[PDB]
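16S rRNA bound by tetracycline.
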Amino acid sequence: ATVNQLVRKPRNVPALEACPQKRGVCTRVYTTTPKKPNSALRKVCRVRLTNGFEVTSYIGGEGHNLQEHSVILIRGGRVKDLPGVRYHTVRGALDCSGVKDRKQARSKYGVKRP
Amino acid sequence: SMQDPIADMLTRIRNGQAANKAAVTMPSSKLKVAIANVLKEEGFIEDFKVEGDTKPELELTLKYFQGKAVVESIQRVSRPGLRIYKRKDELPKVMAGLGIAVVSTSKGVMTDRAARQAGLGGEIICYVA
RNA sequence: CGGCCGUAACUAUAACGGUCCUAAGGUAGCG
RNA sequence: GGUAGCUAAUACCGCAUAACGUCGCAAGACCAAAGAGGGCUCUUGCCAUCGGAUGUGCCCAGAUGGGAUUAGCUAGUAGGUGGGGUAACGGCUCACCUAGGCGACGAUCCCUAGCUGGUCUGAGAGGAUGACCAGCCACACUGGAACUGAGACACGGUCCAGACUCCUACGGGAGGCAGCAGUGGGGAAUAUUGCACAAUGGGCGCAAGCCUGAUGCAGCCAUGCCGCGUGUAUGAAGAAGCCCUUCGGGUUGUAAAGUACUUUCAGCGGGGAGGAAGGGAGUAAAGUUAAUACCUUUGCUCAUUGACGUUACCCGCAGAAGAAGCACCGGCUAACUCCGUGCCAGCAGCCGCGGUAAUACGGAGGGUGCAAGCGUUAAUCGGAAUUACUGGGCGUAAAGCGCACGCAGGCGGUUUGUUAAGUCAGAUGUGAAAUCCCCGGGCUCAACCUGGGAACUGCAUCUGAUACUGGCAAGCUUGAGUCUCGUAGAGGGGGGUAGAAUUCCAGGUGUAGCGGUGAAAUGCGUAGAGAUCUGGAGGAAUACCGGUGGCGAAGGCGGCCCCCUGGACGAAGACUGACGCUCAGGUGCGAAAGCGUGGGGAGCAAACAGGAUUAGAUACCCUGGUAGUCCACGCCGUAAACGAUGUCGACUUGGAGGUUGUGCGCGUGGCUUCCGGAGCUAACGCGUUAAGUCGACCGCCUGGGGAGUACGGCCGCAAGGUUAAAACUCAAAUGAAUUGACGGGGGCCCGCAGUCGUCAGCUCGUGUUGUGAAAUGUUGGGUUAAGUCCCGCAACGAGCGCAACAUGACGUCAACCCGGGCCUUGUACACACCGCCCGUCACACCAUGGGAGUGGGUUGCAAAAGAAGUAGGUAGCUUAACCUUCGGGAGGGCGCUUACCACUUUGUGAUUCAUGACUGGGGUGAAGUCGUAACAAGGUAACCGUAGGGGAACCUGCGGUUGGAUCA
Ligand SMILES: CN(C)[C@@H]1C(O)=C(C(N)=O)C(=O)[C@@]2(O)C(O)=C3C(=O)c4c(O)cccc4[C@@](C)(O)[C@H]3C[C@@H]12
Ligand SMILES: [K+]
Ligand SMILES: [K+]
Ligand SMILES: [K+]
Ligand SMILES: [K+]
Ligand SMILES: [K+]
Ligand SMILES: [K+]
Ligand SMILES: [K+]
Ligand SMILES: [K+]
Ligand SMILES: [K+]
Ligand SMILES: [K+]
Ligand SMILES: [K+]
Ligand SMILES: [K+]
Ligand SMILES: [K+]
Ligand SMILES: [K+]
Ligand SMILES: [K+]
Ligand SMILES: [K+]
Ligand SMILES: [K+]
Ligand SMILES: [K+]
Ligand SMILES: [K+]
Ligand SMILES: [K+]
Ligand SMILES: [Mg+2]
Ligand SMILES: [Mg+2]
Ligand SMILES: [Mg+2]
Ligand SMILES: [Mg+2]
Ligand SMILES: [Mg+2]
Ligand SMILES: [Mg+2]
Ligand SMILES: [Mg+2]
Ligand SMILES: [Mg+2]
Ligand SMILES: [Mg+2]
Ligand SMILES: [Mg+2]
Ligand SMILES: [Mg+2]
Ligand SMILES: [Mg+2]
Ligand SMILES: [Mg+2]
Ligand SMILES: [Mg+2]
Ligand SMILES: [Mg+2]
Ligand SMILES: [Mg+2]
Ligand SMILES: [Mg+2]
Ligand SMILES: [Mg+2]
Ligand SMILES: [Mg+2]
Ligand SMILES: [Mg+2]
Ligand SMILES: [Mg+2]
Ligand SMILES: [Mg+2]
Ligand SMILES: [Mg+2]
Ligand SMILES: [Mg+2]
Ligand SMILES: [Mg+2]
Ligand SMILES: [Mg+2]
Ligand SMILES: [Mg+2]
Ligand SMILES: [Mg+2]
Ligand SMILES: [Mg+2]
Ligand SMILES: [Mg+2]
Ligand SMILES: [Mg+2]
Ligand SMILES: [Mg+2]
Ligand SMILES: [Mg+2]
Ligand SMILES: [Mg+2]
Ligand SMILES: [Mg+2]
Ligand SMILES: [Mg+2]
Ligand SMILES: [Mg+2]
Ligand SMILES: [Mg+2]
Ligand SMILES: [Mg+2]
Ligand SMILES: [Mg+2]
Ligand SMILES: [Mg+2]
Ligand SMILES: [Mg+2]
Ligand SMILES: [Mg+2]
Ligand SMILES: [Mg+2]
Ligand SMILES: [Mg+2]
Ligand SMILES: [Mg+2]
Ligand SMILES: [Mg+2]
Ligand SMILES: [Mg+2]
Ligand SMILES: [Mg+2]
Ligand SMILES: [Mg+2]
Ligand SMILES: [Mg+2]
Ligand SMILES: [Mg+2]
Ligand SMILES: [Mg+2]
Ligand SMILES: [Mg+2]
Ligand SMILES: [Mg+2]
């Protein structure tokens with residue numbers, strides 16, 4: 001572009017609303033299949049946030065305690081093999097329990113020190 | 001149309017050197033002669049001469065050292081589409097001082113070194129190395 | 001300016017297929 | 001609150017005085033004040049005027065977000081004159097006059113937003129940001145208003161209205177934490193209803209002092225930064241217990257224990273700065289003074305002032321005692337093993353990991369990194385030259401408008417003079433302090449605090465410089481243009497005409513077939529076709545010439561003749577004198593299809609019909625055939641409108657052609673084609689007709705999709721065109737080239753045509769070529785059963801195969817037909833054609849368009865409304881100060897009234913957000929249904945525009961493109 005042209009004319013987590021976490025209520029809790037090449041029953045949940053956005057959130061770790069009308073804290077973080085799953089649930093915050101019988105990376109799964 | 005005779009002079013030199021021409025000729029002007037004088041004095045060209053009166057032609061004798069052309073680079077800086085002027089403290093160093101910038105000052109066309117010693121800024125015509 | 005029956009990896013429906021017959025089986029649009 | 005009476009002043013009001021004050025040209029006229037305190041004197045206050053200082057009001061220029069899918073906006077509007085108004089200039093206001101003013105240098109409208117010093121990031125230029133600290137602004141429950149005052153249209157003042165909420169005897173009243181603390185609520189999330197005025201500052205006061213949620217401090221919180229601790233030394237028994245192990249051992253690990261010690265910090269007990277300056281007492285002298293008085297100042301001495309606070313800090317006591325976690329260990333990335341699990345459970349920033357020997361999941365052992373923190377999420381800059389000013393691109397990756405003319409704008413050949421706007425130099429003023437940076441200083445160090453400097457890249461003014469750019473003046477001829485003579489040309493528009501052929505019609509001759517295909521059939525024909533001859537009608541196109549030929553801006557243009565007309569080129573001068581280049585917006589031209597009206601209609605041919613083909617065949621093939629193709633006029637405005645290459649100018653080795661001028665075989669112009677050098681390019685390639693080297697200006701790109709789609713605007717008769725998003729979704733999509741494999745590609749050969757296969761292949765070293773994957777050798781000309789051999793050759797040699805003396809190369813299969821070899825070519829294949837892959841349909845989920853409408857926000861316009869306030873007026877009522885002839889008067893107040901105006905009301909638009917039966921496509925999701933459109937000649941070359949048709953991919957017509965294979 002020429003100088004004269006430039007003179008004339010110069011040169012993933014939206015539901016958080018630039019907050020580190022948002023609280024929400026589980027409107028559905030289910031499993032879903034990952035895309036190829038993966039195979040599992042991945043534990044997700046639809047969540048209506050305190051700002052009115054409804055989003056799918058991932059429930060990480062081995063075994064969870066969430067129903068419909070469970071109150072959870074979500075954070076950012078997509079799940080690569082579930083298209084349109086852009087958030088993770090924080091384990092050991094609010095209703096969502098710590099992962100049972102974890103001993104490594106305990107602080108990532110809300111598990112108090114044995 | 002022809003809108004920058006100085007860029008044309010620099011290009012004639014650049015292309016002349018790349019083609020191993022002994023000399024290059026062009027339509028003369030007072031500013032072209034002033035620049036040719038700086039190139040001669042700094043030892044980039046061997047000689048120049050103006051011939052004519054109504055239509056004067058400037059001839060520049062190019063110089064080669066060990067086969068290689070001596071003017072290894074020559075680039076227009078200030079140009080009609082974007083004029084470039086520098087204060088004395090902001091005068092450019094070409095090739096860490098080993099090259100020259102040709103500067104038009106209120107005391108005539110001279111090298112950046114001569115401008116800096118005279119305490120003058122001016123228009124940066126071209127870089128030569 | 002048509003019937004009949006079947007058919008999709010949850011069901012449901014049938015883009016599809018078969019079969020019969022017609023001069024031709026109602027298109028676009030609308031309901 | 002009301003009534004009546006009473007009283008004071010530094011409250012209030014005349015009078016006097018009245019000029020370096022106000023008004024006035026002057027003469028003149030006119031305007032003020034307050035006392036109090038200590039012992040006549042001192043101190044302090046009061047009034048006037050002119051200054052200072054400080055603060056504040058006002059004006060101008062530049063700078064300071066986004067949107068044109070906002071282009072016109074404005075009637076006190078723009079200016080003038082006069083009156084009024086203000087502290088003050090001013091449409092500030094009003095009357096009159098003029099018709100202005102603003103706007104593509106973005107007005108108006110819409111959206112977002114407190115601004116700055118700075119802050120974060122960055123090498124810088126930038127980008128992001130404006131919390132804390134400091135400057136400025138604005139606001140104080142919401143809307144409005146003034147009053148008081150030096151100052152307010154006033155956070156803890158007044159009045160009114162409104163929405164809330166609370167007290168009430170129901171008549172009325174009351175309130176405003178966006179001060180500090182605190183409560184509820186919202187939220188992922190942010191603290192005590194603390195102590196003190198001791199210090200600094202502020203108000204009042206002569207002072208003492210009083211007030212001060214400013215401030216100084218304390219509380220809470222790892223929120224950050226910085227410092228310190230959680231022991232130190234020894235210590236092989238290499239103890240157990242771990243864990244791993246080829247059972248040798250290894251490692252944790254000198255780790256632990258044990259044994260010497262140490263005691264910071266925490267706890268407990270004793271000592272002890274500094275933040276205190278001052279203020280209060282009588283005394284000391286001097287200065288005021290009637291005075292050795294009071295007062296003032298300075299000394300003089302004696303008591304005394306700390307919220308923090310059980311302060312900092314110091315000393316002593318006891319004993320390792322009270323004090324280590326978090327993440328990570330597949331690559332990127334520092335750190336590896338075993339066990340459990342078995343595409344599950346789960347992990348994941350990206351690539352990926354997990355289907356029975358998982359360094360990737362989960363645990364353990366070991367290890368790595370950080371450490372009172374560590375991780376995760378969010379957010380900004382960086383890396384990202386990935387918006388490129390510094391600092392990028394556009395032949396094929398995304399990207400040159402289809403082509404031109406041209407206004408604004410940008411840019412401008414050459415010489416002299418002048419100017420001094422840009423530019424440059426110097427000086428002066430300013431650029432707050434803090435911050436950053438440098439050299440120092442102070443807290444034990446550090447963080448932190450702090451002295452001076454540097455910096456603040458800027459802005460303004462003044463004085464100079466004059467090369468370059470600009471302005472002005474005068475030129476110049478080289479760019480650009482005019483003229484003269486001539487040349488070639490399917491350049492354009494209009495009209496005429498010729499010959500060949502097809503079809504049709506009429507007639508003759510003639511007789512059983514014709515036509516068509518891969519083969520058929522439909523069709524035509526004994527009602528005489530087809531064939532052949534003669535005559536006639538009509539339309540459309542112009543064989544040969546004909547050419548990588550010519551002309552045109554592009555689209556395009558082809559018989560011959562005439563008429564009108566545009567451009568190009570050459571020769572030799574003459575002429576004008578920069579008149580130029582580019583061009584957003586604008587305007588024009590613009591293939592084919594299509595559209596409108598009127599004609600025309602031979603041939604051809606979308607649609608359509610029938611016949612075939614096929615599993616089907618809405619196709620390809622056949623027989624027909626309507627629009628259309630043709631003409632006139634108007635519209636459309638698009639094409640692979642392509643050289644996928646914008647226009648103009650300059651420069652830079654060669655070779656071979658074509659075409660068209662021209663000067664003397666030899667020159668010299670124009671246009672054009674092929675090859676190739678340097679150089680350039682990712683490569684392919686381009687290469688004086690550049691994609692090389694430069695300059696001017698324009699257009700355009702910013703991952704693939706969603707989408708050239710939606711919405712809005714504009715245009716169109718319509719078809720549609722043009723401008724042009726977002727949500728959402730993926731980690732790729734893409735270009736060129738390489739090795740294979742494959743082809744219903746080409747060439748040349750072979751075989752009765754465990755495995756491929758006894759097929760003649762498969763490789764390596766070194767050299768050389770290529771940025772590289774790779775290539776060469778091994779290809780080529782011959783010849784052979786044979787990579788057999790010969791000859792050539794950037795290759796030179798060698799190995800395993802062949803051969804020679806049954807023998808199975810390197811490897812493959814996680815064992816005309818068929819098979820195979822060599823060269824070449826296309827490829828979207830690499831799980832390598834048993835490949836890849838397209839669309840409808842079906843299912844699930846996600847975002848989204850349209851949509852009768854439905855509910856809010858904001859806002860334009862036109863009116864209504866009129867609380868309080870201020871101003872104007874004033875029949876009524878009323879009255880402290882002044883005047884009075886004592887009756888009253890002046891002036892005031894109240895009430896009333898008018899003007900302006902908030903709440904609010906009504907009607908009608910605009911815009912935006914939310915939502916909506918139903919409806920449209922879009923995206924995502926191992927293995928669904930229907931076909932097979934594309935990739936090979938993909939089995940009908942593909943694709944572009946357009947039109948019609950069809951379950952779907954698509955098919956068919958017309959024109960266009962090569963980004964098509966084939967030719968032996
Ligand atoms: C704010 N700004 C002016 C935006 C803009 O720059 C646009 C553009 N093409 O550059 C718009 O189209 C923009 O102007 C514009 O028009 C927008 C839209 O029309 C819509 C519509 O209609 C519906 C959904 C989303 C949008 C949108 C997000 O794309 C709008 C963006 C607009
Ligand atoms: K997997
Ligand atoms: K006004
Ligand atoms: K006026
Ligand atoms: K800034
Ligand atoms: K307000
Ligand atoms: K006052
Ligand atoms: K105080
Ligand atoms: K640039
Ligand atoms: K000048
Ligand atoms: K122009
Ligand atoms: K027809
Ligand atoms: K290459
Ligand atoms: K352009
Ligand atoms: K995207
Ligand atoms: K080699
Ligand atoms: K082949
Ligand atoms: K919908
Ligand atoms: K709506
Ligand atoms: K096809
Ligand atoms: K077509
Ligand atoms: Mg008074
Ligand atoms: Mg008086
Ligand atoms: Mg936009
Ligand atoms: Mg829009
Ligand atoms: Mg006036
Ligand atoms: Mg004004
Ligand atoms: Mg705001
Ligand atoms: Mg950078
Ligand atoms: Mg602020
Ligand atoms: Mg800003
Ligand atoms: Mg006042
Ligand atoms: Mg107040
Ligand atoms: Mg308050
Ligand atoms: Mg508060
Ligand atoms: Mg809450
Ligand atoms: Mg008080
Ligand atoms: Mg490593
Ligand atoms: Mg295992
Ligand atoms: Mg981040
Ligand atoms: Mg950048
Ligand atoms: Mg790029
Ligand atoms: Mg392409
Ligand atoms: Mg492209
Ligand atoms: Mg073009
Ligand atoms: Mg032009
Ligand atoms: Mg010039
Ligand atoms: Mg100047
Ligand atoms: Mg400063
Ligand atoms: Mg000049
Ligand atoms: Mg002509
Ligand atoms: Mg005509
Ligand atoms: Mg046509
Ligand atoms: Mg027509
Ligand atoms: Mg036909
Ligand atoms: Mg046909
Ligand atoms: Mg186009
Ligand atoms: Mg064309
Ligand atoms: Mg072409
Ligand atoms: Mg194009
Ligand atoms: Mg031409
Ligand atoms: Mg070439
Ligand atoms: Mg469109
Ligand atoms: Mg549109
Ligand atoms: Mg071979
Ligand atoms: Mg051999
Ligand atoms: Mg050979
Ligand atoms: Mg043998
Ligand atoms: Mg062979
Ligand atoms: Mg809707
Ligand atoms: Mg009123
Ligand atoms: Mg096909
Ligand atoms: Mg095909
Ligand atoms: Mg093809
Ligand atoms: Mg199109
Ligand atoms: Mg068809």
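Quick note on labels: first sequence line is chain A, next is B, and so on, each numbered from 1. Counting starts at 1 for both ligands and their atoms, in listed order. Readers should note that the entry appears only in part, and the reported contacts come from within that part. The deposited model was determined using electron microscopy, 1.8 Å.
The parts of the structure that belong to tetracycline are ligand 1.
For tetracycline, the other chains with a heavy atom below 4.0 Å are labelled D. At a heavy-atom cut-off of 4.0 Å, the residues contacting tetracycline are D/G67, D/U69, D/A710, D/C711, D/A724, D/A725, D/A726. Inside a radius of 4.0 Å around tetracycline, the other ligands and ions present are ligand 24 (magnesium ion), ligand 25 (magnesium ion).
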